[PDB]
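Caption: decamethonium together with Acetylcholinesterase, bound form.
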Number of protein chains: 2
Amino acid sequence: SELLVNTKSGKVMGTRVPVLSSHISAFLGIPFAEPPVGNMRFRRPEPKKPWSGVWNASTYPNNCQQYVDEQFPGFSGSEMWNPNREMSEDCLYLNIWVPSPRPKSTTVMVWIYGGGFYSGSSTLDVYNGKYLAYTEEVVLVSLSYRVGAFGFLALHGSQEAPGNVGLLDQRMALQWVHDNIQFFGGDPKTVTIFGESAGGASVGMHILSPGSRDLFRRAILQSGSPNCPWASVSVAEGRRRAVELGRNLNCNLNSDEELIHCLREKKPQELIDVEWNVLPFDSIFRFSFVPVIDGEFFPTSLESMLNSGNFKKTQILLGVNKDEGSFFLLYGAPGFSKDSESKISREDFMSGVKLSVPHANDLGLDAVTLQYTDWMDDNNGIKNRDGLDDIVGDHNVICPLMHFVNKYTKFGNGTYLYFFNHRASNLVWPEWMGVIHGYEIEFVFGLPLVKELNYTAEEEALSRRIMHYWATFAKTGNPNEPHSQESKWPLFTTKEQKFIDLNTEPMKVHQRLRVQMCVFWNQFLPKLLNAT
Amino acid sequence: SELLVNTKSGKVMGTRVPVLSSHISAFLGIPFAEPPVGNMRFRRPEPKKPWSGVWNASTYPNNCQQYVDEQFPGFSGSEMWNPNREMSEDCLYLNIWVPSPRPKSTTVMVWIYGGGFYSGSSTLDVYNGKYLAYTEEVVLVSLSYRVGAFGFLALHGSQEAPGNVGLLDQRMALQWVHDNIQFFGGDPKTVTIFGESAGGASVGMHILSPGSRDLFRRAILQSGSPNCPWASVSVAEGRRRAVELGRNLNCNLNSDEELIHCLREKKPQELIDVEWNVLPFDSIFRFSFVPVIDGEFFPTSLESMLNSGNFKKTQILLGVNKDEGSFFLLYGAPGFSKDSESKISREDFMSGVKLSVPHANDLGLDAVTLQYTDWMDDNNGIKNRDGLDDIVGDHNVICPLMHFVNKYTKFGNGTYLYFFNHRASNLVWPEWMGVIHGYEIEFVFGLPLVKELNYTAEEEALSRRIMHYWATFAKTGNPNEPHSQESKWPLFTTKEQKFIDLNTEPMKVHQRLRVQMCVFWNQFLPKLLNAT
Ligand SMILES: *[C@@H]1O[C@H](CO)[C@@H](O[C@@H]2O[C@H](CO)[C@@H](O[C@@H]3O[C@H](CO)[C@@H](O)[C@H](O[C@H]4O[C@H](CO)[C@@H](O)[C@H](O)[C@@H]4O[C@H]4O[C@H](CO)[C@@H](O)[C@H](O)[C@@H]4O)[C@@H]3O)[C@H](O)[C@H]2NC(C)=O)[C@H](O)[C@H]1NC(C)=O
Ligand SMILES: *[C@@H]1O[C@H](CO)[C@@H](O[C@@H]2O[C@H](CO)[C@@H](O[C@@H]3O[C@H](CO)[C@@H](O)[C@H](O[C@H]4O[C@H](CO)[C@@H](O)[C@H](O)[C@@H]4O[C@H]4O[C@H](CO)[C@@H](O)[C@H](O)[C@@H]4O)[C@@H]3O)[C@H](O)[C@H]2NC(C)=O)[C@H](O)[C@H]1NC(C)=O
Ligand SMILES: C[N+](C)(C)CCCCCCCCCC[N+](C)(C)C
Ligand SMILES: C[N+](C)(C)CCCCCCCCCC[N+](C)(C)C
Ligand SMILES: *[C@@H]1O[C@H](CO)[C@@H](O)[C@H](O)[C@H]1NC(C)=O
Ligand SMILES: *[C@@H]1O[C@H](CO)[C@@H](O)[C@H](O)[C@H]1NC(C)=O
Ligand SMILES: *[C@@H]1O[C@H](CO)[C@@H](O)[C@H](O)[C@H]1NC(C)=O
Ligand SMILES: *[C@@H]1O[C@H](CO)[C@@H](O)[C@H](O)[C@H]1NC(C)=O
């Protein structure tokens with residue numbers, strides 16, 4: 001049988017699924033770990049005890065316990081990102097989409113979802129791997145990992161809540177793929193991890209982390225990098241937040257044993273209810289429980305590992321969207337709303353930069369303001385709006401990724417860099433939000449191929465180009481076809497620093513993506529804040 | 001007789017001088033003070049003892065003792081600014097050009113020359129007032145004042161070298177004009193002081209200084225303002241430099257009496273030889289002996305006088321040239337030379353900003369660099385050259401003047417602001433130096449009217465417009481004619497901040513002259529340097 005696969009964990013039964021008037025195989029909700037429940041909340045994942053009999057892998061698994069956006073009830077723009085399954089701590093499952101007939105050993109792509117380490121699901125409509133598996137003849141895996149306090153509460157020194165266990169969840173999925181993907185026709189020697197947002201940051205963390213490096217060949221990072229300021233905290237900051245969480249649930253704080261015991265007695269939703277009370281600043285684009293720089297998962301600080309070349313040397317492909325900031329302003333910054341142009345007064349501008357750069361003294365705020373204000377206009381509400389949008393994207397996504405790119409590229413074996421700036425013609429969010437954080441994903445997964453979803457034809461063509469770049473890169477470490485009359489996406493080099501626009505127009509090649517601003521965010525501002 | 005004028009100081013005999021195939025009267029080298037010689041070196045000026053008999057005012061007087069540029073021997077571009085008369089400490093004279101026939105009471109314009117308070121002469125070809133007096137039917141005066149150590153050595157606490165005596169020289173000329181210009185057909189109730197560079201700074205100092213305010217009605221400032229960083233020093237900095245000068249001449253430093261006595265025994269050229277040894281930094285656009293903020297001439301700091309409105313409220317007209325910096329880079333910054341394009345390497349750029357901002361810590365230098373570097377190019381020698389040129393002009397001239405304009409305008413009775421950006425077609429300096437510091441002067445004095453000097457016709461027309469703006473403004477406090485089909489030069493207001501380009505093209509009205517950069521130089525950088 002073709003839906004029956006025998007693995008090292010036991011036999012698995014999949015389903016036949018329709019895709020663009022053809023079929024492929026799908027193995028949904030395969031467990032790669034023991035359920036992290038009861039005593040095991042906050043602990044490292046345990047490998048899944050082998051089972052006898054056949055595991056029914058015909059439906060999606062549960063999603064991990066998490067915050068649910070309810071700002072816009074029924075609005076597909078927001079709800080497309082919420083859990084579409086029952087939430088459970090019992091959530092360590094992966095899903096595999098396999099071509100029909102089954103290949104012998106093809107390229108494998110493992111998807112790691114985003115959501116700021118506080119949210120995310122492998123089971124979302126946008127993450128359905130069937131279009132990509134079918135179109136590009138690859139085995140598509142999507143894993144899951146604990147998020148929020150459940151995956152990132154960090155009481156360093158303890159084994160009951162060591163920190164980073166959500167990242168270890170990911171690694172265990174990768175270990176499982178390494179060990180068992182051969183039985184699905186996957187090539188374990190050619191597996192590409194890819195993710196967006198925190199998933200992109202996670203991908204870069206697996207590049208850095210010595211314990212993860214041997215488990216994949218290549219990586220793609222979308223709008224995310226390990227050195228992003230929201231992506232990690234120190235062990236002491238993690239400890240403060242752990243304690244502060246316990247303070248919010250009236251827990252005993254005499255010791256780590258008594259704190260963790262108390263946090264384990266709580267129902268999951270009780271923790272989720274107070275998750276945002278623990279942030280030490282009034283901020284946006286900052287999340288309560290994220291990876292810690294612990295000494296185990298990362299031997300030293302992220303920056304010295306990048307400087308010294310302490311990372312997996314391979315090929316990477318990565319990029320960013322035009323308007324990464326706009327989501328976080330909508331949700332957390334005064335003046336912005338879903339149903340207006342959101343012209344921003346001078347006061348909401350100043351309020352906005354405070355929120356965007358929370359550790360900045362007054363001089364730091366003046367420096368940002370000077371950098372992003374048009375002083376010819378100055379009071380124009382659109383320019384304030386757009387300036388603020390650029391501040392949030394540049395600081396949190398574009399400029400950290402550019403720092404990573406420039407430092408990876410000195411020691412790596414190939415970088416390809418993209419800037420995705422197509423506004424989808426069927427987008428539900430207002431025009432002011434531009435090319436939004438997360439909306440290249442639908443092109444990478446081929447949703448513009450399905451007629452019922454109301455994309456344009458030139459959008460179908462863009463998605464096909466993107467799926468082909470991604471898959472070819474997974475396959476060979478180059479997104480380009482050997483022959484191909486189409487224009488080459490060139491390597492990003494230290495010297496020339498070339499990247500491409502990813503849009504419906506014929507490919508233009510640019511240089512030095514946002515250098516003026518990234519010299520400000522990566523060199524000048526830190527030096528300024530350190531000297532004060 | 002028409003060349004014979006009887007004044008309160010005694011009778012004066014002038015000469016008939018030819019001007020554009022007509023005649024006017026000229027009274028050259030009239031003394032307004034006692035010669036500051038011997039015991040009187042460094043002392044306040046004494047009023048000129050009345051003389052009997054007729055003072056021959058038929059030839060230019062001597063120039064004040066001063067540094068002589070010899071970088072380019074025989075080069076008219078440099079030598080047009082050197083003394084064209086014998087140098088002498090006996091130099092306190094003024095020159096008066098009067099229309100023929102003599103008027104009864106017309107507008108008076110008093111010219112105060114520049115030269116960084118270390119140089120300058122009333123007698124230069126470019127400062128010949130006859131063209132302006134004739135064309136605009138005004139009485140033109142040019143005064144002189146001691147420069148260098150002779151006019152600005154400042155041992156505060158002493159009466160033998162109080163400081164600022166060069167500024168008092170100027171005031172005594174103004175007092176003399178107030179008292180005696182009526183006898184030349186001048187209206188003492190309508191006298192406009194105007195100057196360029198340090199003369200423009202001097203004009204603004206007379207606006208500020210309570211003892212000078214009553215002696216003129218209106219002011220014009222060209223490429224200079226009192227709050228420029230090169231235009232003044234504190235009493236302690238003046239004292240250090242005085243002592244350091246004495247140290248260079250092996251003088252006794254036990255006391256002020258013994259130091260000043262020793263500096264008086266020196267021949268003038270001995271002081272001039274070591275004048276530049278006393279600057280405490282490696283800098284450009286900084287001069288050794290300049291006005292001191294003493295408490296007498298200026299009751300408090302320049303900035304608090306501007307903030308509190310402690311100044312003469314009247315009409316001012318002022319402006320700047322496109323490329324104020326280029327002279328000072330040519331003379332003092334590595335990479336620049338008269339006979340090349342002067343493309344600047346990255347090293348000469350960094351060397352150049354150090355020189356330009358001498359009190360700046362490393363963070364301050366990074367801030368300037370960030371502000372003026374195109375990071376798309378970065379290594380382009382032309383862009384480095386032009387960036388550096390803009391740094392020197394903006395920091396030393398444009399942005400200080402804009403601060404003055406914005407602060408004067410809150411309390412004043414009319415501001416008119418210009419940006420002069422015509423490169424003269426007969427200019428002798430290289431193209432890279434652009435519209436040079438001091439080269440609007442030739443238009444203000446009407447040299448483009450003389451055929452032999454090789455200007456274009458549209459340059460004659462520009463000079464006629466400029467002489468007319470200047471004279472009309474002197475006359476009424478508005479550079480515009482009541483009727484006139486030509487476009488109005490609007491008032492500079494706090495709200496709209498309008499100014500005009502002064503060039504051969506039809507008048508364009510702009511707003512907010514160089515605000516982006518002036519927010520950097522006037523707000524951000526000081527705050528940055530104070531916080532560190
Ligand atoms: C592809 O493009 C097409 C065309 O642009 C899109 O099709 C449109 O889809 C919308 C809905 O998604 C549809 O609008 C509905 O029309 C119905 C009939 O006129 C209405 O009954 C319905 O109103 C209800 O829902 C609204 C919330 O959106 C409420 O404002 C309203 O009060 C109604 O709410 C009712 O809900 C409950 C439960 O059903 C009921 O008990 C009550 O009566 C209550 O009142 C919508 O307005 C458009 O008409 C569609 N247009 C066309 C031409 O088909 C399509 O969505 C696109 N596809 C994708 C995937 O994007
Ligand atoms: C208006 O425009 C016109 C046209 O552009 C300008 O007229 C030109 O003016 C220059 C001089 O200013 C003149 O050049 C001279 O030509 C002479 C005859 O050919 C030369 O003898 C003279 O050379 C001497 O001076 C040079 C320094 O500039 C030296 O390089 C050279 O070695 C010579 O030096 C001599 O000097 C001493 C003392 O005299 C002598 O003992 C030695 O022999 C020694 O050798 C110049 O090259 C041009 O020819 C003029 N052109 C025309 C067409 O007339 C005019 O200047 C402009 N007017 C203004 C006000 O700007
Ligand atoms: C592409 N994804 C799925 C990754 C991220 C965008 C999903 C919408 C949420 C963005 C707004 C931030 C909300 C901040 N929190 C809830 C803390 C307020
Ligand atoms: C328009 N004027 C007459 C006012 C000023 C320009 C005159 C040429 C001198 C500029 C170069 C500065 C030299 C610096 N010092 C000699 C100190 C080196
Ligand atoms: C697997 O589960 C589905 C739905 O829950 C069910 O319909 C199907 O019968 C199951 N498969 C097997 C082989 O029992
Ligand atoms: C990557 O590695 C291969 C094989 O070691 C080498 O020959 C090739 O030049 C490298 N390419 C890049 C872009 O570094
Ligand atoms: C004034 O001086 C000039 C030149 O020095 C001389 O030629 C002239 O005769 C003098 N005038 C009188 C009235 O003596
Ligand atoms: C200046 O002063 C006059 C008379 O006091 C006044 O009426 C006029 O409006 C003022 N103009 C400006 C520009 O301030």
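Convention: sequence-line order gives letters A, B, ...; per-chain numbering from 1. Each ligand, and each atom within it, is numbered from 1 in the order the structure gives.
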Inset, instruction - List all ligands or chains that belong to decamethonium. - result: ligands 3 and 4
Legend entry - decamethonium (ligand 4): other chains, heavy-atom cut-off 4.0 Å: B
Inset, instruction - Define the binding site of decamethonium (ligand 4) with a non-hydrogen cut-off of 4.0 Å. - result: B:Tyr67, B:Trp81, B:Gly115, B:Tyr118, B:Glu196, B:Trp276, B:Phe327, B:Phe328, B:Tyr331, B:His437, B:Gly438
Inset, instruction - Please write down residue, atom name and distance for the protein heavy atom closest to atom 3 (C) of decamethonium (ligand 4). - result: B:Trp81 CE3, 3.2 Å
Inset, instruction - State which organism the PDB entry lists for chain B. - result: Torpedo californica
Inset, instruction - Please report which non-hydrogen protein atom sits nearest to atom 11 (C) of decamethonium (ligand 4), along with the residue it belongs to and the distance in Å to one decimal place. - result: B:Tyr331 CD1, 3.7 Å
Inset, instruction - Give the numbers and elements of all decamethonium (ligand 4) atoms closer than 4.0 Å to a heavy atom of B:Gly115. - result: 4 (C)
Inset, instruction - Could you tell me the residue and atom name of the protein heavy atom closest to atom 16 (C) of decamethonium (ligand 4), and the distance to it rounded to 0.1 Å? - result: B:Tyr67 CE2, 3.4 Å
Inset, instruction - Look at atom 14 (C) of decamethonium (ligand 4) and say which protein heavy atom is nearest, naming residue and atom and giving the distance to 0.1 Å. - result: B:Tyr118 OH, 3.9 Å
Legend entry - Protein contact to atom 4 (C) of decamethonium (ligand 4) [nearest heavy atom, distance to 0.1 Å]: B:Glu196 OE1, 3.4 Å
Inset, instruction - For atom 5 (C) of decamethonium (ligand 4), grab the closest protein heavy atom and report residue, atom and distance to one decimal in Å. - result: B:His437 CD2, 4.0 Å
Inset, instruction - Identify which residue UniProt marks as active site in chain B lies closest to decamethonium (ligand 4), and report the minimum heavy-atom distance rounded to 1 Å. - result: B:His437, 4 Å
Inset, instruction - Establish whether atom 18 (C) of decamethonium (ligand 4) and some protein heavy atom are separated by less than 4.0 angstrom. - result: no
Legend entry - Numbered atoms of decamethonium (ligand 4) (with element) below 4.0 Å of B:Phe328, judged on heavy atoms: 12 (C)
Legend entry - Atoms of decamethonium (ligand 4), numbered as shown, that sit under 4.0 Å from any heavy atom of B:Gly438: 1 (C)
